[PDB]
K.L.:
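Shown below is the structure under consideration.
Each chain is given a letter, A onward, matching its sequence line's place in the list. Note that chain A carries the PDB entry numbering, so the residues on display, from first to last, are 11-307. Chain B is numbered as in the PDB entry; the shown residues are, in order, 11-307. Note that chain C is numbered according to the PDB entry, with residues 11-307 shown in order. Numbers in chain D come straight from the PDB entry, and the residues shown are 11-307, in order. So this one's X-ray crystallography, 1.9 Å, going by the header. Just follow the structure's listing: the first ligand is 1, and inside any ligand the first atom is 1.
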Number of protein chains: 4
Amino acid sequence: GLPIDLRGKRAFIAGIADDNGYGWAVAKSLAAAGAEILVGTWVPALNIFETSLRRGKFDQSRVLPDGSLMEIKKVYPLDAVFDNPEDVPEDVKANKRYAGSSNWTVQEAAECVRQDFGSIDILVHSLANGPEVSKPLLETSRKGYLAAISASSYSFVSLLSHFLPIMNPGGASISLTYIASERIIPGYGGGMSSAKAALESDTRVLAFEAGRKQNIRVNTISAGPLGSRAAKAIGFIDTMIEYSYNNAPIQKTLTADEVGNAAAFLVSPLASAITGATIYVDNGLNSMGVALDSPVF
Amino acid sequence: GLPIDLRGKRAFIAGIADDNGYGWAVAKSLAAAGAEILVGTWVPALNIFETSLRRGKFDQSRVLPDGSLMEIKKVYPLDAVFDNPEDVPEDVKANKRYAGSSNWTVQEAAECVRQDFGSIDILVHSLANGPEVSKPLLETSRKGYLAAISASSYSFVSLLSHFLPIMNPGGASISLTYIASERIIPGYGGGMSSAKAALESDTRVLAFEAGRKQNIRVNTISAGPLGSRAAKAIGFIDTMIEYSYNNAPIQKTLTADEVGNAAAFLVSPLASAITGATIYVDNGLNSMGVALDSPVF
Amino acid sequence: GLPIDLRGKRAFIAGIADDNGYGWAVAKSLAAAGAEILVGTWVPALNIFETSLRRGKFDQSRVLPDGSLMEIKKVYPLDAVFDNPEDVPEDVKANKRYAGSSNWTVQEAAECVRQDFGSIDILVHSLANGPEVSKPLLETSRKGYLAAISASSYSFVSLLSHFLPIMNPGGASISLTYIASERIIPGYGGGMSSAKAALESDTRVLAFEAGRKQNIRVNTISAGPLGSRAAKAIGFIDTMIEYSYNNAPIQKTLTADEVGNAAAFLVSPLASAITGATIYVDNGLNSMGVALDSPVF
Amino acid sequence: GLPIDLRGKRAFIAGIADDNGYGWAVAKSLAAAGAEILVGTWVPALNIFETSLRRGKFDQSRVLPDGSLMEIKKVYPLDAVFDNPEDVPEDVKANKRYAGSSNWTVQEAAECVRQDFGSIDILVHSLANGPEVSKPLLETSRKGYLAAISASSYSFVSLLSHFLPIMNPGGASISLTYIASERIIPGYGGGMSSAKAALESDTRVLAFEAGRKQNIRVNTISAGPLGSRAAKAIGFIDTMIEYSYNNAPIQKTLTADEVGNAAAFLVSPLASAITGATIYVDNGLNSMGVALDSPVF
Ligand SMILES: NC(=O)c1ccc[n+]([C@@H]2O[C@H](COP(=O)([O-])OP(=O)(O)OC[C@H]3O[C@@H](n4cnc5c(N)ncnc54)[C@H](O)[C@@H]3O)[C@@H](O)[C@H]2O)c1
Ligand SMILES: NC(=O)c1ccc[n+]([C@@H]2O[C@H](COP(=O)([O-])OP(=O)(O)OC[C@H]3O[C@@H](n4cnc5c(N)ncnc54)[C@H](O)[C@@H]3O)[C@@H](O)[C@H]2O)c1
Ligand SMILES: NC(=O)c1ccc[n+]([C@@H]2O[C@H](COP(=O)([O-])OP(=O)(O)OC[C@H]3O[C@@H](n4cnc5c(N)ncnc54)[C@H](O)[C@@H]3O)[C@@H](O)[C@H]2O)c1
Ligand SMILES: NC(=O)c1ccc[n+]([C@@H]2O[C@H](COP(=O)([O-])OP(=O)(O)OC[C@H]3O[C@@H](n4cnc5c(N)ncnc54)[C@H](O)[C@@H]3O)[C@@H](O)[C@H]2O)c1
Ligand SMILES: Oc1cc(Cl)ccc1Oc1ccc(Cl)cc1Cl
Ligand SMILES: Oc1cc(Cl)ccc1Oc1ccc(Cl)cc1Cl
Ligand SMILES: Oc1cc(Cl)ccc1Oc1ccc(Cl)cc1Cl
Ligand SMILES: Oc1cc(Cl)ccc1Oc1ccc(Cl)cc1Cl
C-alpha cells in the first residue's frame, strides 16, 4: 500500500559498464520501481558492455523481484570528462574506441536524450576515476589530482547542468560518495578524497540552485565498501569489507541492492522533503568512535 | 514493483494523542505499508483520544491512499516518564486520570503487549515534553531541565530497553529529533535542545548496543516545523514554518506524510544498511549557511 | 611579544580535587598566564585536598615554567548537583563530610565569591560524575542516567547562570567534553555519552545567551585520554591511551598541559572571535576514519 | 608567563600582496611572537608590493604591540598554480610580469628558501583565486572550476609537499578556509565552495601523512568576513560583514588580528595536541540555526 512508484518516470544512469557496481544496482532498483532506464556507458567500455548484454551475459543480474528481467531502454556512449566536442584532443578523438562511436561528450549525450525522449525525471551519477588513486596526497601530481576532480566531481556539475533543461520539475538526482571526504582513510589517494569532499559540498550547493530553479531535489549517498569478504583480503576494497564487517554497529556485509533500494527511495516522490543531504548506507560504520578489533581491546 | 512492504509486521507507536502530530502520520504510513498498529497514548490524554476515535472524529484523517481507513489494533495508556509501578508518586497515582486506567508504566505496557501479541517488529518514539520550554537556558531550573531530558530522551532508552526482549531480530526503531540539538535556535528552551542532543547521541550508541545484541536498526529523523503558514505568524512554530518556507533550498511547506513516508522507509527491510543515522526531512534547511530573507540581502 | 596575558584576571575553577586531572592543568596554565586562581572542590574531597596542599604534597605539581609555584588564592567547597540550600536532602546535609563545611551549594559558593572578590573573568568547568558509567545504556536506570546529566551537564548551566552576574563582560568560560557524545565509544556508559552531548549543545546555546547578554564567550574542549601508556593496559582509560597512541595522525601521548595550554588560549582576549566552539585537543584522533592497528591491515 | 614563543622559528607565508588581507595579519602575529618572516608574493603583484613596502607605505600596518615594526626578512615571487618550470606556458613565461622575475614556480621557490635559509618551521597558506567566482555552479565551466581548485586547494598540497623536506619536525602549517565548504552560501561561486571543501578534507589527510612522516601538525581556520561595516553594504563581502554582525552569537566585527592571533597559537608548540582540525574564528556564526534578522521574527 506504500510503493516506491516510479512508473511513467524516466532515469538516465551515468556510470554503468558492467553488472558488478553500484550503478547497475541503482538501475535495477529503479527498474523494479517502474522507471524507464537510459544508460550512459564510458566510451572505452561501451563495446564489451553492449556485447555481453546482447549475448545474455547479464541475464541472471537482470532478474527483478518481479521475476521479470530489467530492460535497458537505450545505452548512450559517454565520456563525462568532456563537455563539448571542441574540448576533445584529436589525440583522444583519434583513439579507436572514441573513434568507433559518437555523440559522447556531455553536451551531445544530453541533446540525444532530448531528441530521443524529450525529458527525464531522474539523474543518477555513479562514476569516478582517478589515475593516481594509489598514491598518497603528498605524492600526487597536480594533473593527477585535477583529473580525479574533473572526472569524479565536476562531471556531476556538468551532467546536471546539461540535463537540467530537460528535467521535469519534481525530479531528482543522486550521486555516490564515500567517507574519505570527511575522515582519514589511508589508501584512498590521488585526490579522490578531495574529489568526494567537493562532490558532497556541490550536492548542497546544487540542491539550492536546482531546487530554487526547477524544483529538483539533489542528494548523495555515502556508501560502504561493496562485496562479500575475500578468502584472503588483499587490496584496498577487500580489507575494507572485512574491517567494516568486524567493526560496524551491525555485523553484516553490504550488498549492492541495499544501496540501490536507498537510491530508489531518495529519487521518489516519497522523499519529497529531503534534499542537499548526505545519507549514509554503510551499516552505521561512520558512527563508530573506535575499531572494536583493535588489539588493545 | 518496489513496495515498502511491512505486511505481517507489528509496530508500537509511542506518542499519539490526536491526528495532528508526526506520530499520527508515521502510523498512517506504516498502516499504508501493511503494518499492524499498536498505540501508546499518554494517560492524561487517553480519554479524549479514544472517544474522538470512537465518535469517528478522526475518520477523514484515517483515510489511506488505498481509500480504506487506518485501523488502530489497540490503544495502550502510557506515561513514559515512569518505568515501573514503584516509581510513581501516590501524588500522581491518585490523580483522577492516572486513577482511571492502569498498566501505564513502561515496564507494564511492555508486559501487556507481550501478553497480547507476543512480539513487535517496529518501535516508533514520537514524544517529548518540557515544562520550561519557553525559558532560556540561563533561566531554566535543574528540575525543569531534568524533566525535559527524562521525558524526551531517557523515555526512548526505556522503551527500547523494555521492548527489546520482544522485538524480532531484523526489526527497527525510529525517533524524531530537531536541529536545535546541533545549532542555536532561540525559543526552543527549557533544556529541550539539550534533550534532543542526548536523544541523537543515544541513537548512535543504541544502534551499536541493540545492533550487536539483536540485529535491531536504530535511527532518528531530524524533522522541520510541521504545518502550513499562519495568516499571522505568532508563536514559535508559526514563525518557524514561515522562516523555513522562505529560506529552504526548495520553497514548500512540510506535510506530516513527508515525515511519515521517510519513517516508513527507514523501518523497512529496504533500509537494511542504515542504522545510527540522523536523517534530515526538513526541505534541506539545515544545509543553508545564511537566511535568504535577511534584510542585508 | 605575543603573550597569553591574563594578569589582573580572576578565574574560578570548578572540579579540582587533586593534581592528576585536567582541572589542575588548566589552573596551572591560567596561573602561568597571570590569573588569580579560585578553586571549587567537591565536598567529600575537600579535606584530603586542602591537607595535601598544606603538607606540600603537590609542590612539585605547582611548579610553573617561571620556576615559581602556583598559588591557589582560595579553595571553596562545592557540590554542583545542588543549586540552593533547600535542594539538599537532610540525608546529605547530615553526612559528616557535608556536615563539616558550609556554603557549598552553587548559589552559596557564588555569593561567597561575590562577597570575597566581587567579580571574576573566567569560569572553568572541569567536572563530571556518573554512578552507572560502567553499564551499557540498555542497562542504565533512569536515576543513573539523570544523575550523570545532572552532575555533568546541568552543573555547567547552573554555574554559569549563578556566576554570570559577577562576570566582567569580555570574560569567558570553558568546559571539557569527550568524543563519546558524537561517536560510539563502547565502555563510556551510564548516560555519560548522553551528558557530554547535552554539554556540547548547551555550549552553543549559552554562547548565544551569554554572548548577547554580557559579551561572555563560551567554548568546550573535546579532550583525548589523559596519561602515558600503562605497562599493561587494563581498564577503560589505559586501553584508550594505547589506542590513541597507535591510531592518531601524530603518534604521541597527550599530557595535561597540552589541554591546559589550549584552555588558557581559549579564555584569553587573543581568542576574542571564538565562541560556541568544540575544539579537539586529542592528537587529531577524531579525524581518523579507520584504526591503523586493525588486524585486517 | 605563558607566551606564544616562536623565537628562533622561521615562517614562510604564501599569499601576501598588501596589508589588507589575512596573510598580512598572520605575519604580524607571528612576527610579534618572534618568528623570522619570509613572504611568497604572487608574481603579478610583486612590484607594487615591494615598492609600497620600500616607500614606507605599509609602515603604520607594520607596527607591533611591542611598538616596533614588523620585519619581512625576504619576499619571494611565487605563482602557486605552477609546480615546475616545465609546467609554464610560454604564453605566461612571456608576460612582462612573469618576464621580470624568476624562480617563481613552487619547486623553485622551495629550492631558493633551502639555499637561503636551509629550513623553516611554519608554513602559512593564505591564498585563493577563482576566475568564475561570481557565477553560480550551474553556470561555471569546467576550466573555471578546475582553476579555482588548482589555485585554492592543490596549491596547498604542492607547497606542503615541496617544503616538507626542509621543515623541521615539530613544525606546523595552517591554511584559511570558509564555511561555504559545509553550508550553502549563495554568491561564493565558480567552484570556490568546492575548493574550500577539498582544502578542508586535504587538511585532515595531510595531518595524517605529514604527521606520521615528519611530526608536522596541519590545521585550517574557517574565518568570518573580514572588515568593518560599509556605509552602504553592496557587494558580497560588505553584505556578509553586516549579516554576521547582526546574526552572530556575539555582536561585533572581526578584525584581521583576531585571525592572526588564532593562527599564531595554532602553529606554536602550545598547540601540540591539535592537528587535522577546522577551527572557526567567526564570532560563532557557524553555530547559529536561524538568522535573528529574518523579518519573520
Ligand atoms: N565500490 C565501492 O565499494 C564504493 C563505495 C563508495 C562509493 N563508491 C562510488 O560509487 C560510484 C560507482 O563506483 P563502483 O564501485 O560501482 O565502480 P564501477 O567501476 O562500477 O563504477 C565507476 C564507473 O565510472 C565509469 N567511468 C569512469 N570514468 C568515466 C568517464 N570519464 N566517463 C564516464 N564514465 C566513467 C566507469 O566506466 C565505471 O562504470 C563511484 O562514484 C564510487 O566512488 C563505490
Ligand atoms: N511538531 C514539529 O514541528 C516537530 C519538529 C521536529 C520534531 N518534532 C518532534 O516530533 C515528536 C512529536 O511531536 P509533535 O509535534 O507531533 O507533537 P504531539 O503533541 O503530537 O506529540 C508529542 C506527544 O508526546 C506525548 N507525550 C508527552 N508527554 C508524554 C509522557 N510523559 N508520556 C507519554 N507520552 C507523552 C503527548 O501526549 C503527545 O502525543 C516530538 O519528539 C517532537 O520533538 C516535532
Ligand atoms: N581524564 C580524561 O582522560 C578526560 C578525557 C576527556 C574529558 N575529560 C573530562 O575532563 C573533566 C575532568 O575530568 P578528569 O579526568 O580530570 O578527572 P577528575 O576526577 O580530576 O575530575 C572530575 C572532577 O569532578 C569532581 N566532581 C565530581 N562530582 C562533583 C560534584 N557533584 N560537584 C563538584 N565536583 C564534582 C571531582 O571531585 C573531580 O575533581 C571531566 O569533565 C571529564 O569528563 C577527561
Ligand atoms: N577575506 C575574507 O573575508 C576571508 C574569509 C574567509 C577566508 N578567507 C581566505 O583567506 C585567504 C586570504 O584571503 P584574503 O581575503 O586575505 O585576500 P587577499 O587577496 O589578501 O589574499 C589572497 C591572496 O592570494 C594571492 N594569490 C592569488 N592567486 C595566487 C597564485 N596563483 N599564486 C600565488 N598567490 C596568489 C593574491 O595575490 C592574494 O595575496 C584565502 O584563502 C581566502 O579564501 C578570506
Ligand atoms: O569510491 C570508492 C570507494 C571504495 Cl571503498 C571503493 C571503490 C570506490 O570507487 C572508486 C574509487 C577510486 C576510483 Cl579511481 C574509482 C572508483 Cl569507481
Ligand atoms: O521538537 C519540536 C520542534 C518543533 Cl519546531 C515544534 C515542536 C516540537 O515538539 C515539541 C517541542 C517542545 C515540547 Cl515541550 C514538546 C514537543 Cl512535542
Ligand atoms: O570524560 C572522560 C573521558 C575519559 Cl576518556 C576519561 C575520563 C573521563 O572523565 C570521566 C568519565 C566518567 C565519569 Cl563518571 C567521570 C569522569 Cl571525570
Ligand atoms: O574565501 C573568502 C571568503 C570571503 Cl567571505 C571573502 C573573501 C574570500 O576570499 C576569496 C574568495 C574568492 C576568491 Cl576568487 C579569492 C579570495 Cl582571496
K.L.:
Choose from medetomidine, triclosan, ipidacrine the drug or drug candidate located at ligand 7.
P.N.:
triclosan
K.L.:
Help me out: which chain holds the greatest share of contacts with triclosan (ligand 7), per UniProt?
P.N.:
Enoyl-[acyl-carrier-protein] reductase [NADH], chloroplastic
K.L.:
Quick one: other chains with a heavy atom closer than 4.0 Å to triclosan (ligand 7), which letters?
P.N.:
C
K.L.:
With a cut-off of 4.0 Å on heavy-atom distances, which residues and nucleotides contact triclosan (ligand 7)?
P.N.:
C/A138, C/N139, C/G140, C/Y188, C/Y198, C/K206, C/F246, C/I247
K.L.:
Determine if the distance from atom 3 (C) of triclosan (ligand 7) to the closest protein heavy atom is below 4.0 Å.
P.N.:
yes
K.L.:
At less than 4.0 angstrom from any non-hydrogen atom of C/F246, what atoms of triclosan (ligand 7) do you find?
P.N.:
5 (Cl)
K.L.:
If you count the atoms of triclosan (ligand 7) from 1 in the order shown, which ones are under 4.0 Å from a heavy atom of C/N139?
P.N.:
14 (Cl)
K.L.:
Atom 1 (O) of triclosan (ligand 7): which protein heavy atom is closest, and how many Å away?
P.N.:
C/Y198 OH, 2.5 Å
K.L.:
Using a heavy-atom cut-off of 4.0 Å, which residues UniProt lists as binding NAD(+) in chain C are that close to triclosan (ligand 7)?
P.N.:
C/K206
K.L.:
Starting from atom 7 (C) of triclosan (ligand 7), what is the nearest protein heavy atom, named by residue and atom, and what distance separates them?
P.N.:
C/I247 CD1, 4.1 Å
K.L.:
Can you tell me the protein heavy atom closest to atom 14 (Cl) of triclosan (ligand 7) and the distance?
P.N.:
C/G140 N, 3.0 Å
K.L.:
Considering non-hydrogen atoms of the protein only, which is the closest contact for atom 17 (Cl) of triclosan (ligand 7), and what is the distance?
P.N.:
C/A138 CB, 3.9 Å
